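Notes on a structure featuring mycophenolic acid.
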Protein chains: 4
Amino acid sequence: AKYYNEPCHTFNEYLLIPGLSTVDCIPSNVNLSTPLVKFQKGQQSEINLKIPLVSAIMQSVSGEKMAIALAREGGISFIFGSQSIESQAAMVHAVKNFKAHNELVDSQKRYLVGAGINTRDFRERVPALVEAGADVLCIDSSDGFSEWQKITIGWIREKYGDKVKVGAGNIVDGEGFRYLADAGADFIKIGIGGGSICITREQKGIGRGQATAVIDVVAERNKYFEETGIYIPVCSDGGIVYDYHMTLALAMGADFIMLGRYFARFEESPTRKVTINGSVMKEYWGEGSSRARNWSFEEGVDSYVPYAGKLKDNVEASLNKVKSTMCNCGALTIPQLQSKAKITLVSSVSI
Amino acid sequence: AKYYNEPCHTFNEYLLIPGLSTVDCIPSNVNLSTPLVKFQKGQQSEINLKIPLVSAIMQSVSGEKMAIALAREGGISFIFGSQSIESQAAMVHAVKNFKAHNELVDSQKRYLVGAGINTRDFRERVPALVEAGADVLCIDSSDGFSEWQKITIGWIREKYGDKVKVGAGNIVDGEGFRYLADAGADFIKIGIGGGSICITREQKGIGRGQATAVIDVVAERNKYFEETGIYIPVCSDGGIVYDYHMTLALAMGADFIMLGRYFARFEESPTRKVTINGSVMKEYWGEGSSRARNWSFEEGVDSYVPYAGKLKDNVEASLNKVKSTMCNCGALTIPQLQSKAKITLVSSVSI
Amino acid sequence: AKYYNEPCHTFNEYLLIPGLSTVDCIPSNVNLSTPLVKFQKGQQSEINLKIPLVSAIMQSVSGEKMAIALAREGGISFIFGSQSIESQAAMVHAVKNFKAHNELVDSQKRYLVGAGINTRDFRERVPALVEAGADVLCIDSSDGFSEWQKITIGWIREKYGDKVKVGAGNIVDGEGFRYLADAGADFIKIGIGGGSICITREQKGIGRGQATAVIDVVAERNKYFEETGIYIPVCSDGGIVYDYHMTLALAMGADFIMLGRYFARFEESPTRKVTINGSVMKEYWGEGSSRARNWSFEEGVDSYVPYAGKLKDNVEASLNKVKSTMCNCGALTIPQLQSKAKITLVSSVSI
Amino acid sequence: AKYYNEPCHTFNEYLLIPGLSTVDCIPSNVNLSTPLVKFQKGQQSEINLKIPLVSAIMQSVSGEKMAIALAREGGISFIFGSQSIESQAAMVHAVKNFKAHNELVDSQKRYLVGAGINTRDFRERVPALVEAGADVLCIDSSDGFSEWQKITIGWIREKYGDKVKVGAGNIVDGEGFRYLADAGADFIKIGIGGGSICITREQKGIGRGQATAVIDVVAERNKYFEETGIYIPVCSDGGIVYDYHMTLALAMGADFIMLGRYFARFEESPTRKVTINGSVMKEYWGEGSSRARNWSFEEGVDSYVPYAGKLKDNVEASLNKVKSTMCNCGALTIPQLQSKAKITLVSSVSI
Ligand SMILES: O=c1[nH]c(=O)c2[nH+]cn([C@@H]3O[C@H](COP(=O)(O)O)[C@@H](O)[C@H]3O)c2[nH]1
Ligand SMILES: O=c1[nH]c(=O)c2[nH+]cn([C@@H]3O[C@H](COP(=O)(O)O)[C@@H](O)[C@H]3O)c2[nH]1
Ligand SMILES: O=c1[nH]c(=O)c2[nH+]cn([C@@H]3O[C@H](COP(=O)(O)O)[C@@H](O)[C@H]3O)c2[nH]1
Ligand SMILES: O=c1[nH]c(=O)c2[nH+]cn([C@@H]3O[C@H](COP(=O)(O)O)[C@@H](O)[C@H]3O)c2[nH]1
Ligand SMILES: COc1c(C)c2c(c(O)c1C/C=C(\C)CCC(=O)O)C(=O)OC2
Ligand SMILES: COc1c(C)c2c(c(O)c1C/C=C(\C)CCC(=O)O)C(=O)OC2
Ligand SMILES: COc1c(C)c2c(c(O)c1C/C=C(\C)CCC(=O)O)C(=O)OC2
Ligand SMILES: COc1c(C)c2c(c(O)c1C/C=C(\C)CCC(=O)O)C(=O)OC2
Ligand SMILES: [K+]
Ligand SMILES: [K+]
Ligand SMILES: [K+]
Ligand SMILES: [K+]
């Protein structure tokens, strides 16, 4: 077997050490744009988010309303694919034709929207998604280091060339990243086990601390860029517990962040608002729970998250803190933060 | 005194990082066969389990019914030796003559069965066990790094040659493994302290994290194979808390796993089913407890484990998860898993 | 991004190993004097505290009474600047003209007093503070690694030369220290996150274990002294939970210590004494709390600390323990302690 | 300041890895003798304990009855010196003249007994102790790395030469050991902070994990023996929580062990037996508590320990476990254990 010199770590084990803050760095001047899909050196990505946040490919998170609400703030949602092909297409179509600011839109002023796909019914699902107007796709899986993802991406490239963007994952190391990059992925998703509704131990026992995973994949991605001139955006998916974890994920090299629990709390998530002993909550279940697969064990859990109100106010408060921290680190942009951030590990006792 | 460069670790401190999963790797195609006794290079073991699980040499675990139930699924039980020689022989005989699938049987279609022996009355116990039809024996001890085990194995070899298979242990490092290998053991059992009914601290203070023990013994075993051409199967005994710990133990090099608590929960264990406030439990006590030795201190404990029903359904669910994880690691067989597994240590905080 | 070879640590992770205690080292002979502002090699500081303790630049800690009570024992208070310029000046003036022992006074026998200032209204606030008689100033900020502090210090030097002393901070590493030193700071304050009313995680996620911060800044400060002949006193601000943490902070190189919670408990702090179910408490809130800024988030908290009585008796008990420990380390003075202290890290388990 | 490459550890962080157990190693054949005072190479110590246990120099532990009860089993007690010179002498005299097995006696068949002394009234106390018949003395202090201990030992050597044996301490590193060795100590006591009634943190903040302290002092002691031919026995004082900690302390190099709490639980300790809600307890307070010094702070605590009955049965049970573990390590004697023990550190998570 193969072992490692250091144990893996989660975002909670890190802190940012301030850098020189210049007079021109104020939150309002911080630019949170970031690339969504791959491009060659000297070019810009064909799709740039206004904010580095995307909602998870989950039944309890990314519905029609979530996609519109998030696109309006500059991010993008990946409509869950764990439903009928026609149901998913309808949601995508409803978002693209909603208008029939930092809004994320296409050349027709229509909100951008993503859609999750699987390695099984993609021959029928992809065409429907494209026809419906999906701006980008993403293969949704707990272990993307699979020949099935290579086959899926390959089929897409053979029928649509580079006109259809498709993200792949999830992986947690340089090898997995490399495999999906050579396969043609437009962006690679990082993370196995970090999620909130994730009980890694009581499951398969596969995974890696999110911080270690991002740091390792980012180094491979940068190495890959130097060898081929191809820059592949990476997404840190899961493991975000506090707002500052967002800044950490970006500082470590992630171009954008995928969140489930965070967005599930909003009015715009597709779940039921439930009042439990004076507290308003929202339903939240993992895609691995039996509650979701049904569309003696269980890959995820079914629980509740506290109601936080509308997405807008919460995302604004979260990103204001990110912007402020970025200025503490001497960064006016995400690339500058990734370049200048001073990140330290914290001792067990400190926690 | 002699010290080590690194502290020891338990299975809970590790996670598996996925490898390339090929299209041909599906749980149903995973082969869980594994060697039970030693063989020379170029040969196959004379006894191969269909599944890498064996039930512990304990009064509260391996009785007649357990041995039959486990053999039927492909594993083997070691009838406890902490009873009269005639009582143990009767159980062994009852298993071998029960018939008077992935079943583990001999050339006569009879279920395979093991039997534990001690370093004291082996001159009278072994013959009775052999005569009764025991397929394999195993010296049961908390510290197998003993001249007594060498003497016991030697006596067996002098009277039966290599016709009678005998496992030895337990040990936790390369030196202990080496001593038992040169002594002639057919398989060596790893583990001191890991057990569930083990309170190492409040005992002698001897032991080692199970993961570190297995990793160290496996390296010595591989070194031993290269020097002599003799492959000695090793057994990871104790310390298995979750199903994924099984995959970890195998990935680290253990050929098979010995479990006590896990099997004690089944209908087939020889203990009393007790209902405590709406919960059906099963009795479980260590071989070191006064409750067992009686056949001011105490080497083990006497407690309860939750009833899990029949062995079949539980073992199947456990091994399906192992098989699935193996495919995540790109392995269709145990040897392939031991060769390809990527194993990472996890930080204290992560736990 | 930039990473570090070791994780950061807090004061609770360290212990002092005794050195040779000579017959002449008794608590009563221990000298606790220490420099407040910078000086050149071969010289002495223009201001030396009699005891290495200063009260925090906070509304709930450093008022008129605190400043008088602390100066009387040999330390100094920094009147909080989070109030009107005229209100702060009045407090400073009241302290300087209170008389209209180990007392800390100027050549006119008047108690010494400090005053906090900010990087915004300093052009109007400084003159008022100087005119009122403030002996030393200090820029109060969560991240002193800022061009704004450079600008503020520069303005002071252009209008008052080296006649007005001004401390800067807070910083946590050699780079931050270096930036403020070159900027002209008379003393540099260390610490971000350590404070008691600090919830670093649920904030920006910036900071560093106080011990690691002090050790790193002290090494840079000593390096700076060797290169330029300028000795800049450093202050360990926050993170002091127990009396022995004081000895640790000094042993690690800090010239003096800034405390908030510690002093808030005294009769002389400007907050309300509140009786909660038989326990007399004192109010205490951070400068980052909304309760203080008002002069959807929050940089600090608003809580209670147990009443400890008058400052005198408590400070005396605290420093007697420091003096005693110093003798255990073979030190009669702070510089001798910084030179001879043997400091060991403690394992996680030990805690 | 001076730092260390590794953090310190306590006994709870270690486990013993078994060695080869030979047929001749059975508990009954294990020899637990050990040297009490220093000797030259090629010689034997003038005083050898039959068992490596000595009771602490405390008011709540070592009285007349304890000294007799322990000597009868082969150990020795150090009558507490925190009492009048005439009271301590009376106890010593009562023990030496009690008779007016593994018993520890002098050439006159009288029980051996020790007596604690301090660095202040030794000119009057020592003579009284010698005259009373004390077999060995020991300077009792929280920090023995003091010129006062050198002066005390020197005075004893000037008036009695090498006829009066005197132990010194406590120290926790090679430097402290070395200082007391050159000063003439007959044995050196290790340990600061480890004790049960020790709240190191809420005190001076001086100390070191007991295991690290013993390991470091033992290496210095062995180095000292090689340079001078003088073997100085060392005592691991405090930090013993479980029986196996005894085996660890010895394996690490300590010749004998000093215990307070352990012995306080016995019928023979000089404290009151108190029944608290069905549980019989014994009083136990540290020598640093105000309750003891009286013969605003506090170096120790005043609590209760569970009644364990007579010393005999408990010590026998404890040492049987030590002997058994020694055989697991292939040792028939303490020196053999110190030479052959395989000691591993355990991970934080394991605990
Ligand atoms: O262990 C898991 N069991 C599940 O059932 C599950 N469903 C989703 N996911 C993954 O978790 C991410 C969302 O995580 P958060 O709620 O932490 O933001 C998502 O983006 C996915 O990567 C799961 N992980
Ligand atoms: O500390 C111990 N005290 C005992 O009384 C005891 N009895 C058995 N064993 C050992 O534990 C293994 C079973 O462990 P699990 O229940 O964890 O599977 C078994 O296979 C044995 O190796 C003991 N260990
Ligand atoms: O996280 C924080 N939120 C706040 O609201 C706050 N107010 C003050 N400070 C800083 O804490 C120091 C006082 O700390 P102690 O109470 O621990 O002595 C002070 O000296 C400051 O450095 C804050 N830190
Ligand atoms: O922190 C302390 N405060 C006290 O008041 C105290 N009194 C004794 N000792 C020391 O502790 C040893 C006994 O420890 P145990 O009870 O752990 O065996 C003793 O042998 C001493 O080394 C003290 N340590
Ligand atoms: C697919 O959604 C996920 C993702 C992205 C992740 C995990 C996970 O459990 C699920 C749900 C698991 C499902 C629906 C079962 C199918 C499968 O195995 O892919 C995880 O642990 O890391 C990432
Ligand atoms: C023999 O069964 C075991 C085994 C295999 C192990 C342990 C143990 O305590 C017992 C019971 C201990 C008994 C019956 C006392 C005799 C003896 O000492 O052998 C353990 O700690 O690691 C492995
Ligand atoms: C200024 O007082 C502090 C100091 C010294 C520190 C911290 C802090 O939160 C505050 C309050 C934060 C305020 C008033 C908001 C303005 C700002 O950001 O400066 C901290 O974390 O380390 C040091
Ligand atoms: C003297 O008995 C001890 C010993 C041996 C130790 C400690 C201790 O606190 C006391 C009591 C402390 C007293 C009586 C105050 C006088 C002094 O300081 O010596 C400890 O921490 O390590 C070892
Ligand atoms: K900054
Ligand atoms: K895979
Ligand atoms: K000393
Ligand atoms: K052994």
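Below, chain A is the first sequence line, B the second, and so on; all start at residue 1. Numbering of ligands and ligand atoms starts at 1, following listing order.
Counting repeats, the structure shows mycophenolic acid at ligands 5, 6, 7 and 8.
Most heavy-atom contacts to mycophenolic acid (ligand 5): the chain UniProt names Inosine-5'-monophosphate dehydrogenase.
Lab note: other chains with heavy atoms under 4.0 Å from mycophenolic acid (ligand 5) -> A.
Per UniProt, the IMP-binding residues of chain A include some within 4.0 Å of mycophenolic acid (ligand 5) by heavy atom, namely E287(A), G288(A). Neither the backbone nor the side chain of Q203(A) has any atom closer than 4.0 Å to an atom of mycophenolic acid (ligand 5) (non-hydrogen atoms only). The protein atom (non-hydrogen) at minimum distance from atom 13 (C) of mycophenolic acid (ligand 5) is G288(A) CA, 3.9 Å. Short contacts between mycophenolic acid (ligand 5) and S141(A), defined as distances under 4.0 Å to a heavy atom of the residue, involve ligand atoms 1 (C), 4 (C), 5 (C), 19 (O). Taking a cut-off of under 4.0 Å to the non-hydrogen atoms of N170(A), the atoms of mycophenolic acid (ligand 5) that pass are 23 (C). Taking a 4.0 Å cut-off on heavy atoms, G193(A) registers as neighbouring mycophenolic acid (ligand 5).
Measured by heavy atoms, mycophenolic acid (ligand 5) lies under 4.0 Å from these UniProt NAD(+)-binding residues of chain A: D140(A), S141(A), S142(A), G191(A), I192(A), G193(A).
Taxonomically, the PDB assigns the source of chain A to Tritrichomonas foetus.
The nearest protein atom to atom 1 (C) of mycophenolic acid (ligand 5), hydrogens excluded, is given as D140(A) OD1, 3.1 Å; this is a heavy-atom distance. For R293(A), the closest heavy-atom approach to mycophenolic acid (ligand 5) falls below 4.0 Å.
Residue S142(A) holds the heavy atom nearest to atom 19 (O) of mycophenolic acid (ligand 5) of all those in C138(A), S142(A), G81(A).
Nearest to atom 22 (O) of mycophenolic acid (ligand 5) by heavy-atom distance, out of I171(A), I192(A), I197(A), is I192(A). From the protein, the heavy atom lying nearest to atom 14 (C) of mycophenolic acid (ligand 5) is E287(A) O, 3.2 Å.
Heavy-atom proximity to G191(A), at under 4.0 Å, picks out these atoms of mycophenolic acid (ligand 5): 22 (O), 23 (C). Defined by non-hydrogen atoms within 4.0 Å, the binding site of mycophenolic acid (ligand 5) is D140(A), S141(A), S142(A), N170(A), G191(A), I192(A), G193(A), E287(A), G288(A), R293(A).
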